[PDB]
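Everything on this sheet refers to the single structure shown next.
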Amino acid sequence: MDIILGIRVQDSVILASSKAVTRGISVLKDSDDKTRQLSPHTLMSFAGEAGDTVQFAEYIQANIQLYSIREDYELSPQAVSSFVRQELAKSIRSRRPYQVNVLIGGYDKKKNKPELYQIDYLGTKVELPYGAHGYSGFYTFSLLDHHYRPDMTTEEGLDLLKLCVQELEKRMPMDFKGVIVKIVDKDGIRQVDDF
Amino acid sequence: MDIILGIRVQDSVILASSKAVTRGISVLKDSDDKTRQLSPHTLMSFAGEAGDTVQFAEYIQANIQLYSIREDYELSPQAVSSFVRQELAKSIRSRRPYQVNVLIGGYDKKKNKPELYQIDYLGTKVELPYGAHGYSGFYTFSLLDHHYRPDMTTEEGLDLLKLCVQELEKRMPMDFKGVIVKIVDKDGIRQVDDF
Amino acid sequence: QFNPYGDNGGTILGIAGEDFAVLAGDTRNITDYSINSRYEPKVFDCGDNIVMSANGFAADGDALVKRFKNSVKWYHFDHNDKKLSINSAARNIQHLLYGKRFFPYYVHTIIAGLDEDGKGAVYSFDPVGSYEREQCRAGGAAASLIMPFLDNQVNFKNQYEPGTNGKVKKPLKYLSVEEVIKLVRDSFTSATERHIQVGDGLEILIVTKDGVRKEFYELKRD
Amino acid sequence: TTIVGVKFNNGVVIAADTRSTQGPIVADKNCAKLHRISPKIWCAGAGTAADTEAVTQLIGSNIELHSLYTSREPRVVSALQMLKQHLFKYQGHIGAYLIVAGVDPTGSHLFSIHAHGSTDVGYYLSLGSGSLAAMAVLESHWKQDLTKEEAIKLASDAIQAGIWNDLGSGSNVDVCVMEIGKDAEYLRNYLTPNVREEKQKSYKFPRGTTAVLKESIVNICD
Amino acid sequence: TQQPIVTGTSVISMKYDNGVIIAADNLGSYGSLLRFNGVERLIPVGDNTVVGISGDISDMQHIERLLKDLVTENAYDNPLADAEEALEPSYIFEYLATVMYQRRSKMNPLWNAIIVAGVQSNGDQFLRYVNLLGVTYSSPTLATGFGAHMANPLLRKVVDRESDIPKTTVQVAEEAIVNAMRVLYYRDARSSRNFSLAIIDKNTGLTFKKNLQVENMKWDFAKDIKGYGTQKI
Amino acid sequence: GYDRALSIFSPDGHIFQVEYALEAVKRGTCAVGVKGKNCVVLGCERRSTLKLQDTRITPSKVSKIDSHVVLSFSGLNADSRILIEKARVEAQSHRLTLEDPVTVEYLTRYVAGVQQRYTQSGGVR
Amino acid sequence: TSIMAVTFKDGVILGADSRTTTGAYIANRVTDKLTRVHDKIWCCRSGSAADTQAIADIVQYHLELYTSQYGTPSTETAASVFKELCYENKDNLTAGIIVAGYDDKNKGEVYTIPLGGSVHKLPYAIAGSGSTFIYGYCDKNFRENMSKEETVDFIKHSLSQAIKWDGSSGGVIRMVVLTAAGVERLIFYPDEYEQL
Amino acid sequence: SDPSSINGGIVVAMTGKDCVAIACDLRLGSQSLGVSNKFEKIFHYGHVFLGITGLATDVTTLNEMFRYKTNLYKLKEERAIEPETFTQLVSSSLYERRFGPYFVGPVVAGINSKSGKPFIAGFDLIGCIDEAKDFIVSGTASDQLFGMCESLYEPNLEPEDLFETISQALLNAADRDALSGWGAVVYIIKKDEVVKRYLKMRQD
Amino acid sequence: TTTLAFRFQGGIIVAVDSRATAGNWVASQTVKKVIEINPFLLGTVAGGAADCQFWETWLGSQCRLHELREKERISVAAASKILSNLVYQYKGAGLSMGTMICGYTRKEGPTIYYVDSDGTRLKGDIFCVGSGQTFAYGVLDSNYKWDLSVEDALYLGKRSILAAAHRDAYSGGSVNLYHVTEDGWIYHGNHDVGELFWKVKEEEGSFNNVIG
Ligand SMILES: *[C@@](C)(CO)[C@](*)(O)[C@H](CC(C)C)NC(=O)[C@H](Cc1ccccc1)NC(=O)[C@H](CC(C)C)NC(=O)[C@H](CCc1ccccc1)NC(=O)CN1CCOCC1
Ligand SMILES: *[C@@](C)(CO)[C@](*)(O)[C@H](CC(C)C)NC(=O)[C@H](Cc1ccccc1)NC(=O)[C@H](CC(C)C)NC(=O)[C@H](CCc1ccccc1)NC(=O)CN1CCOCC1
Ligand SMILES: *[C@@](C)(CO)[C@](*)(O)[C@H](CC(C)C)NC(=O)[C@H](Cc1ccccc1)NC(=O)[C@H](CC(C)C)NC(=O)[C@H](CCc1ccccc1)NC(=O)CN1CCOCC1
Ligand SMILES: [Cl-]
Ligand SMILES: [Mg+2]
Ligand SMILES: [Mg+2]
Ligand SMILES: [Mg+2]
């Protein structure tokens with residue numbers, strides 16, 4: 001767990017998440033998917049403390065899927081992000097808090113708009129055009145401040161994302177073994193296999 | 001400073017040293033040469049605490065060069081390694097010790113034999129067929145235990161070295177930005193430009 | 001601040017034969033540099049041809065033995081007086097020990113007896129319950145002195161056949177009860193010489209199909 | 001350690017056990033704790049083994065040079081003064097606890113010195129880990145106007161109390177008698193009540209048991 | 001988690017041919033202050049057991065109440081309370097040992113060292129130790145605190161092993177105990193001259209001696225001792 | 001807490017409360033299940049004494065427990081919601097721990113187990 | 001320790017117990033805490049045995065060298081030398097010293113030197129762990145210009161109580177009498193003073 | 001960060017009938033990592049043998065130091081240093097660094113050339129001499145070696161028998177210690193011949 | 001400890017050492033670090049001996065209860081998740097466990113799951129766990145191919161443990177081999193390093209650092 005990025009463009013949300021899983025002086029895995037599909041048009045990437053991350057992600061996934069079955073209806077990305085925030089807001093004052101930071105990328109079908117939410121382990125939620133957790137932000141935010149435009153296409157967003165990954169691969173101390181990129185739009189969620 | 005390796009083969013000593021110089025969350029340089037030529041047939045690679053490493057390497061280099069001028073004669077790798085060990089052995093009980101680990105690869109012209117010495121910051125010297133400092137050893141030693149043969153050529157040694165770098169690039173957590181490889185033999189010291 | 005643990009010293013030793021097993025232990029009980037008792041037994045007959053010793057912190061040792069003895073009693077009540085096999089006893093002890101995983105019994109436990117094929121058995125436990133059947137085990141203060149000697153003399157480690165160029169190992173064989181008791185006595189006299197917490201007396205419990213026999217020997221009292 | 005000193009009619013006697021420890025391990029079973037400062041001034045040492053040996057030799061050396069300078073036999077108070085001032089200077093970091101005794105032109109003397117440089121005078125004294133065991137015996141059996149044979153008995157009894165009851169002390173009893181007008185007699189291993197019993201078995205291996213890889217003659221000559 | 005406040009020092013004891021002897025001084029120390037001087041630290045239970053307690057006095061008084069209550073509880077619905085079903089030393093000890101270990105296991109110990117001395121119904125001598133940690137052991141001689149370091153060596157010269165017990169009379173055994181108490185008065189900075197001594201014999205029963213004093217002390221040689229090395233005056 | 005044993009045996013060996021619960025099922029609207037070679041069909045009756053209904057929002061008789069399992073019923077409508085909710089939760093819990101959706105037999109076994117628990121628990125019918 | 005020094009009509013008397021401790025163990029039950037720095041200038045030692053001995057040895061050396069050059073030193077001079085050592089090395093010393101001496105001009109004098117290294121001239125002085133328990137008693141019972149027998153009784157009764165209550169004090173009660181007549185050593189054993 | 005158990009290693013010495021034996025393992029590691037399997041811990045100056053366990057840099061430093069001092073000794077004295085004298089020199093040199101000591105466990109072994117008496121001795125890190133008739137042990141498996149030697153040893157062993165005893169003492173002690181092993185060397189020392197044998201042991 | 005297990009053409013190889021340490025004290029050379037859960041499931045153990053042993057022995061009971069209740073052998077995924085969910089409950093309490101759940105089922109095929117005491121659960125083809133994992137990785141990665149034969153794969157797993165047993169001070173004793181196929185696990189013997197090292201050195205010509 002280290003690098004998770006998010007970029008909201010005109011018609012979609014793009015999430016990039018690093019593939020490396022390290023413990024000690026060994027990279028145990030280089031093909032790890034740090035994300036779960038909460039609903040057909042909502043995707044959550046995650047990063048933080050070992051064990052906590054997946055346990056939390058799947059717990060949220062289960063709750064959202066339960067809601068979908070009960071109401072035969074998909075929750076809006078805004079509604080999901082508010083639910084997730086509250087869970088983390090409870091967590092932080094628990095005996096043992098979830099040390100998990102997340103990005104929630106979703107496509108609101110009622111508004112026909114992509115939405116990207118950044119929530120830290122304290123339960124601090126913000127809607128953003130582009131987001132990142134951990135040390136990634138220290139490079140990507142300034143880069144996106146410069147190159148990002150609000151009316152960009154998905155293809156332009158992927159090129160913008162390639163520019164971030166290249167910078168991280170150049171200046172980051174740790175080898176994060178590339179990223180898995182996923183796109184969230186009106187047609188749902190799909191994975192870019194060649195990045 | 002992180003990865004320094006050494007492999008003594010039939011007719012030469014091969015030193016591989018990582019190019020990355022990191023501080024904090026930034027790779028400041030990716031083309032750093034972590035070695036100094038002590039004499040025409042003796043090369044010392046180094047790794048450890050920032051500042052100490054180069055300060056120590058150059059101090060040794062100066063002393064050996066001074067000896068060469070005074071006597072119009074090149075010290076043997078064994079003699080140089082003993083001098084270096086004593087300096088570190090003094091250092092460890094100083095007010096502020098040099099936190100520097102070194103490998104000394106050399107070609108003894110009188111014996112017509114390559115020699116590789118591994119010396120840590122405490123002044124612990126050992127002659128070896130292959131050596132490493134830091135976390136590198138935890139991967140490379142077992143690998144070399146398997147693949148190394150004493151009668152190998154320089155070309156076979158470079159392939160053996162490529163096998164080490166590949167393993168380190170696969171399993172090491174940090175990005176060390178490849179290695180600069182140098183060969184020490186009867187004709188002196190030369191650098192492999194394409195690795 | 002109150003420290004709930006203490007070190008009562010002493011050392012124990014278990015060796016298994018073909019149709020027997022011994023569990024020995026010195027009778028000295030200490031705290032710091034003082035002797036509390038020159039004869040305080042810590043090797044106990046627990047019934048069903050099982051002998052047990054829990055060396056280390058005596059209070060925890062006595063508690064454990066007391067609880068296992070009680071476990072044997074209730075095993076009879078609940079399962080129609082069935083004999084508790086040594087392998088079943090060992091697993092039961094694991095659960096006793098691990099039950100206090102987060103406030104452990106500070107003891108090295110050893111039990112000895114006969115397995116269900118009638119062959120000698122020795123089991124040893126760490127403080128939190130990991131266990132293993134072995135031919136040989138020393139535990140306690142002087143375990144580090146005795147154990148390598150047992151490797152050499154019981155399991156014939158590092159011993160090769162003369163004149164075979166170190167190619168043929170010395171063949172493993174069971175030892176007689178007479179030969180085992182010699183190794184026990186020599187182990188404890190050696191340990192007494194070089195370890196201050198070991199001495200006073202040696203008590204050996206021998207387990208055969210006939211029952212549990214005892215033997216006592218003097219050790220140096222300095 | 002256990003060390004004692006006892007005054008009598010025409011002189012003084014000191015004694016010591018012979019155990020040397022390294023944690024709970026007995027490193028030396030027969031080390032000499034009675035040191036010669038001068039021919040008729042002897043010293044029993046407890047605490048850090050290197051320190052007691054080093055500090056006694058240094059003062060013993062300087063006493064010899066002083067004796068040659070002054071053309072006089074050295075005095076116990078001179079050794080006492082030089083030791084305490086040296087030990088005080090190092091603020092207890094030199095862990096030497098000494099019983100200093102001897103005879104000189106002034107008479108017979110008995111003192112103790114502690115690591116921090118404090119000195120005490122007495123007719124009977126005891127230092128070391130087993131000083132309480134020894135002092136119990138001294139307090140029970142000491143009287144004024146002891147003879148030579150009575151003082152040796154009392155001293156060795158006080159050491160024995162340490163040997164048996166203190167885990168820090170053991171093995172043998174060394175004694176040194178310093179009587180006025182006579183040569184001091186150093187009784188090395190005066191008592192040996194801790195002899196190792198015969199081993200049950202000989203562990204002499206058959207020749208060729210150990211596997212060998214290489215042989216070579218080593219050159220010790222020029 | 002506790003710290004002891006008002007404390008009692010050594011309790012010493014030994015076996016002899018027909019029974020057991022136990023002793024303890026009458027002091028209740030408050031750190032270096034020798035605060036209370038009328039403290040009884042030997043507590044008889046029935047006519048066949050004496051419990052000697054050292055360490056924290058508040059916890060000692062709690063244990064007194066438990067033993068007092070134990071006698072009451074044993075008498076309930078028990079026609080043989082003063083005969084076959086009377087309290088044995090072994091019953092009293094095991095009870096205390098159970099409590100001591102339960103309390104250490106709850107990290108709230110009774111800050112004491114206890115010696116239960118008595119004679120069983122079959123005439124056998126009982127002498128066993130238990131402390132704040134729940135640690136138990138038995139020996140021909142037992143002692144707590146400074147007693148362990150100074151008394152035991154002296155008492156072991158009389159009874160060094162099991163076979164020496166029948167050879168030791170009550171006269172010899174008491175003499176050794178009284179001597180040990182004197183040595184402790186010389187050398188233990190938290191001890192007093194006044195003490196109590198109890199003898200539990202299988203024939204003559206329980207003899208409880210109060211208001212004893214250490215006597216026949218050697219102090220005269222002190223006048224000859226001058227300075228700390230050189231000084232002659 | 002209310003402890004009363006409501007479901008109990010009678011002299012003839014019957015639990016009347018369980019049998020009277022079956023009468024409530026017999027009162028309920030008809031439901032039918034027919035399984036073919038490659039499909040299952042769930043048919044359900046809806047009584048026509050209720051006109052002026054809003055069929056968009058009125059609770060449907062067939063309920064999805066998961067994306068692959070459905071549950072229809074006959075009897076008390078309010079009671080059915082409790083079973084459906086429990087079944088839906090268990091369906092998600094099974095996916096979470098076993099990493100695989102429930103079998104139809106498993107989901108049935110769970111629902112049936114809930115129904116049984118209410119036949120020998122105090123305070124409940 | 002329990003120590004005290006008391007001036008009286010004919011001169012001054014020093015008093016002390018004889019107990020030395022390591023924790024609760026009594027290392028020496030017959031200690032001599034009254035020590036000579038000059039013919040008729042003595043001191044009572046409390047605190048670290050090593051420190052007080054080292055100090056007293058140095059003072060004795062200084063006063064011996066003083067006497068060789070300038071003749072007999074005053075009691076004030078001795079107290080000044082003690083002070084100089086205790087004050088300048090206050091960080092490394094644990095020594096509570098009472099200096100007492102007899103001049104023919106100045107008669108009996110008592111100076112006390114606590115941990116800090118300050119000097120205090122007094123009619124009488126008490127110090128050491130066991131002194132705390134006898135402040136009340138000594139204040140109520142002390143009178144100036146007492147006789148020798150009265151001063152001996154005052155010290156004996158005082159130290160008896162200090163010993164009775166302080167665990168760190170005990171053994172024999174040593175005393176040293178300083179008058180024009182000379183130097184007299186007195187000793188009093190438990191059997192006498194305990195039952196006062 | 002315990003200097004005496006970073007590199008690991010062991011040395012053991014024994015006396016026999018008109019002979020002495022000294023033996024050591026070959027491991028040099030950095031905690032868990034094994035680095036060298038050729039690191040010998042026994043040196044010799046003339047006929048006097050010195051084994052040194054502990055921190056490897058100090059093992060090397062002290063060897064070089066005692067080579068230095070014995071060479072000057074021989075030039076001035078015009079004779080080789082004897083084991084009894086060398087023992088005192090080691091003690092002096094170690095205690096000189098009392099408050100900044102070499103983290104070592106040295107072991108002297110040899111035969112006095114004049115008297116012919118077998119001699120062995122051991123030291124703590126600050127130079128306290130531990131003389132012994134029977135045996136001396138040192139290193140990370142000292143407890144193990146003490147246990148092996150105390151049981152296996154018997155007096156007046158012949159050189160060929162003494163070899164088997166010391167070798168079995170070292171091997172079985174080393175196998176119960178994680179930081180010791182990786183090969184072993186045994187020196188058998190007679191009055192005027194010395195045999196050096198490399199032992200075959202398990203390489204884990 | 002050193003333990004590994006890798007996936008390949010012919011199923012799964014699992015290899016472990018047998019050493020147990022208490023600090024630098026070598027406590028045992030004959031510990032069984034492969035737990036046989038059922039004929040189709042294996043579990044490797046590394047870390048705290050009692051924690052691993054107790055809880056993987058407990059895991060086998062939970063897997064038995066599954067097949068009684070469900071009339072079907074538990075999946076490798078479900079088995080590993082029972083253990084990972086268990087240790088996650090004890091997170092922060094100080095459990096020390098590095099385990100690998102290896103096995104075959106019809107729906108999954110050959111599968112390996114890495115599970116550790118801080119709650120990490122990872123599916124993968126190759127894993128090495130323990131104090132000597134890096135030493136095993138070095139040999140294993142540099143010689144690994146998917147198309148290895150059963151004979152070559154068994155040897156590589158054995159050789160990788162040997163490599164770690166040699167270099168890692170806290171690994172050794174003997175090598176325990178296992179091979180997991182569609183028909184279940186197959187034991188391939190206990191191999192003492194005492195004999196295996198010299199046998200491998202001579203035949204392979206490797207370990208030239210050591211004095212032959
Ligand atoms: C009784 C026997 C006390 O038990 C006596 O008081 C004797 C005194 C006699 C021998 C003169 N005391 C000892 O034997 C003494 C006990 C001791 C131990 C440690 C500190 C103080 C006192 N033992 C020693 O001094 C041994 C002598 C050996 C056996 C030859 N030395 C050690 O134990 C040294 C301690 C050195 C030391 C350094 C700095 C301050 C104080 C002491 N310890 C080691 O060598 C342990 N370790 C071995 C591996 O290398 C790292 C150090
Ligand atoms: C009464 C008793 C208290 O005020 C008197 O003042 C006497 C004065 C006389 C002796 C001149 N004081 C003592 O007896 C004095 C009390 C004391 C203790 C510690 C610091 C200051 C004062 N006792 C000592 O000085 C003893 C004398 C020895 C035993 C002969 N020394 C110790 O107790 C040493 C002192 C170490 C020390 C510490 C700080 C400064 C100087 C010296 N302590 C130990 O050895 C500690 N010991 C280690 C083993 O575990 C038990 C404690
Ligand atoms: C390699 C060898 C090292 O990592 C492996 O990982 C093996 C795994 C095998 C055994 C399954 N691990 C160990 O050998 C493991 C290392 C370890 C130790 C302690 C904590 C974590 C990891 N060793 C143990 O678990 C040993 C096994 C015994 C010796 C058979 N056990 C102990 O060290 C025990 C229990 C430790 C403990 C854990 C949790 C709570 C309390 C205690 N401790 C002791 O026996 C204490 N000690 C032994 C020496 O004598 C004094 C007392
Ligand atoms: Cl003093
Ligand atoms: Mg008093
Ligand atoms: Mg080993
Ligand atoms: Mg190993």
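Lettering follows sequence order; numbering is per chain, from 1. Contacts here are counted within a displayed part of the entry, not across the full deposit. Heavy-atom basis, side chains included; hydrogens, waters and symmetry copies ignored. We read in the header that X-ray crystallography, 2.9 Å was used to get this structure. When a ligand or atom number is given, it counts from 1 through the structure's own listing order.
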- PDB drug name, ligand 1: carfilzomib (bound form)
- Find the chain in most contact with carfilzomib (bound form, ligand 1) and give its name from the PDB entry. Proteasome subunit beta type-2
- Item | Heavy-atom contacts under 4.0 Å with carfilzomib (bound form, ligand 1), by chain | D, H
- Query: Which residues lie closer than 4.0 Å to carfilzomib (bound form, ligand 1) by heavy-atom distance?
  - Reply: D/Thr1, D/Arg19, D/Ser20, D/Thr21, D/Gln22, D/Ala27, D/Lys33, D/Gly45, D/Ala46, D/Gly47, D/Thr48, D/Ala49, D/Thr52, D/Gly168, H/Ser4, H/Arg98, H/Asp124, H/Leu125, H/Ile126, H/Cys128
- Which organism of origin does this entry record for chain D? Saccharomyces cerevisiae
- Task: State the UniProt active-site residue of chain D that lies closest to carfilzomib (bound form, ligand 1), plus the least heavy-atom distance in whole Å.
- Result: D/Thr1, 1 Å
- Item | Entry label for chain C | Proteasome subunit beta type-6
- Covalent bond partner of carfilzomib (bound form, ligand 1): which residue and atom, if any? D/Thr1 OG1
